[PDB]
Engineer: 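Structure with zidebactam (bound form) attached for reference.
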Amino acid sequence: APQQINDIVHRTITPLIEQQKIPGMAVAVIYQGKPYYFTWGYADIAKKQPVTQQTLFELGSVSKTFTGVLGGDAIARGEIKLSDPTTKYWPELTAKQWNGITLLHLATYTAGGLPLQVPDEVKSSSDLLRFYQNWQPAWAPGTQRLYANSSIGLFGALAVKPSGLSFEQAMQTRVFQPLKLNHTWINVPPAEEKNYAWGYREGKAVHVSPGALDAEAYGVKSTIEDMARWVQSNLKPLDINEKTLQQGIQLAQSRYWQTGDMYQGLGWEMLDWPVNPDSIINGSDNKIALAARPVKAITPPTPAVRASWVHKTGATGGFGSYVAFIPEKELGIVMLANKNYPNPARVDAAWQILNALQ
Ligand SMILES: *C(=O)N1C[C@H](NOS(=O)(=O)O)CC[C@H]1C(=O)NNC(=O)[C@@H]1CCCNC1
Ligand SMILES: [Cl-]
Ligand SMILES: [Zn+2]
C-alpha cells in the first residue's frame, strides 16, 4: 500500500486496538477505488489462529445493508413497491393498527414504534404472527423513526415473497453471487467453519445465537475481502452488470427521511459530505442512535447523492463492525473486530483515516 495509507492505518488502528482490548481485527481501506488490507491479532485466541483476509466476522446490523439492497433489487424488478401495504404480502395481519403501514415504513423504521428486537420467545411462524398482531404502535406511521430489527426484518421477509424464494436463497442468488461475494454467508457451511472467528465477550468465545428474522437484521458473516468488494459495489453501482442490482444499490442510497443531518436509506444511512465528524461520532452512540426521533419525509426520495458519507454500524455479543464510504471521492473503509466495542470509537477512527486520505 501507499506509505500514507500504511502510516495513518497504523497510527489510528493499532492504538484503537490497544485502547479497546480488541483480540482480532481486519480493516480494508478503499483508496481511489482499490482496497488495501490490514489484519491484527487472533480469530481464535486459544488456538492461536491469526486473523487473515479469509477470516469470517459477524457483521451484525451491517447485514441490513444487504437487506436494503435486496429490497431495492426487488423494487427494480417490479416485484414490490415501497408504497404497498404490509397486508398485501401478509393478509393474515388483520389487526387494524396495520392499516396504513407500508413496506417503506418497515424498511425505514417509521411504522410507529416496532420494537428494537423480536422477542426471544418467538420460535415459530405462528409466534411471529401473534407478535405483530398484538403490537400496538406508539405513533402514527411515517412520523417517528425508531431503529428496529423487527421493522426492517419484516421488510426483508416480505420483500422476497413475490420471488417465491426464501430470504436466504434470494440473497445468495440476487446479491452475493452476482457480486462474487463467495465467502459471505447467512449460514456458514461446515467446510467454512474453520475460518469463522470467535467473538469475545467478557473473556468468553461466543457466536451469535439464532433468532427470528436474524438473517434480515443481523445475521450475515463475511470476510474483509468480500466486505471491501461490497463497498466497491456500493461506491460504483454502474460497474454492476445486472441492472436490477445496480438500481437496487442506488435505491438503497436514496434519501427517504431526514432527521437532523442524517438521511435514512434502505439499510444504509447517509449524511452530506463534507460531514461534521462530531455528528457521526456522537450520533452512533446507542443512547442516540436507538432513540425515537421525528422524521421529515422526502417525497420523492432524493436519488443517491454522490457527495455523501454513507455508513452503517453493527454489533453482536462478540463482534463490532463498521462500514463507511464517500462515492464522490472513491474512498471507503471496512472495520471488522471480534469484540463489541463502542460505536463512537469505530466512527472516530474511520473518519480520522478517510479525512487523512481525502
Ligand atoms: C445491529 O448490529 N444492532 C442493532 C442495534 N444497534 O444498531 S447498531 O449495531 O449500533 O447499528 C442493537 C445492537 C445490534 C443487534 O441488535 N445485534 N443482535 C443482537 O444484539 C441480539 C443477539 C441475540 C438476541 N437478539 C439479537
Ligand atoms: Cl506510531
Ligand atoms: Zn505506533
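Residue numbering for chain A follows the PDB entry, covering 4-361 in order. Just so you know, these numbers use all the heavy atoms, side chains as well, and skip hydrogens, waters and symmetry mates. Whatever order the structure lists them in is the order used to number ligands and atoms, beginning at 1.
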Engineer: Could you list every ligand or chain that corresponds to zidebactam (bound form)?
Structural biologist: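 That would be ligand 1.
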Engineer: If you rank chains by contacts with zidebactam (bound form), which one has the most, by name in UniProt?
Structural biologist: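 The chief chain, as UniProt names it, is Beta-lactamase.
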Engineer: I need the atoms of zidebactam (bound form) closer than 4.0 Å to a non-hydrogen atom of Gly63, numbered in the order shown.
Structural biologist: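 Answer, ordered by atom number: 2 (O).
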Engineer: State the atoms of zidebactam (bound form), each with its element, that fall below the 4.0 Å cut-off from a heavy-atom position in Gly317.
Structural biologist: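 Listed by number with element, the hits are 2 (O), 9 (O).
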Engineer: Looking at non-hydrogen atoms alone, which of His314, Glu272, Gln120 comes nearest to atom 26 (C) of zidebactam (bound form)?
Structural biologist: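 The nearest heavy atom belongs to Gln120.
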Engineer: Under a 4.0 Å heavy-atom limit, does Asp217 contact zidebactam (bound form) with its side chain, its backbone, both, or neither?
Structural biologist: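 Neither part.
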Engineer: Specify side chain, backbone, both or neither for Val65, according to which of its non-hydrogen atoms lie closer than 4.0 Å to zidebactam (bound form).
Structural biologist: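 Contact part for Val65 vs zidebactam (bound form): neither.
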Engineer: Can you name the atoms of zidebactam (bound form), numbered from 1 with element, that are less than 4.0 Å from a heavy atom of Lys315?
Structural biologist: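 Those qualifying, in numeric order: 11 (O).
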Engineer: Quick test of your reading of the structure: of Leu119, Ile155, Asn289, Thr316, whose heavy atom lies closest to atom 6 (N) of zidebactam (bound form)?
Structural biologist: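 The residue whose heavy atom sits nearest atom 6 (N) of zidebactam (bound form) is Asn289.
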Engineer: Would you please determine whether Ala318 falls within less than 4.0 Å of zidebactam (bound form) on a heavy-atom basis?
Structural biologist: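 Right, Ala318 reaches zidebactam (bound form).
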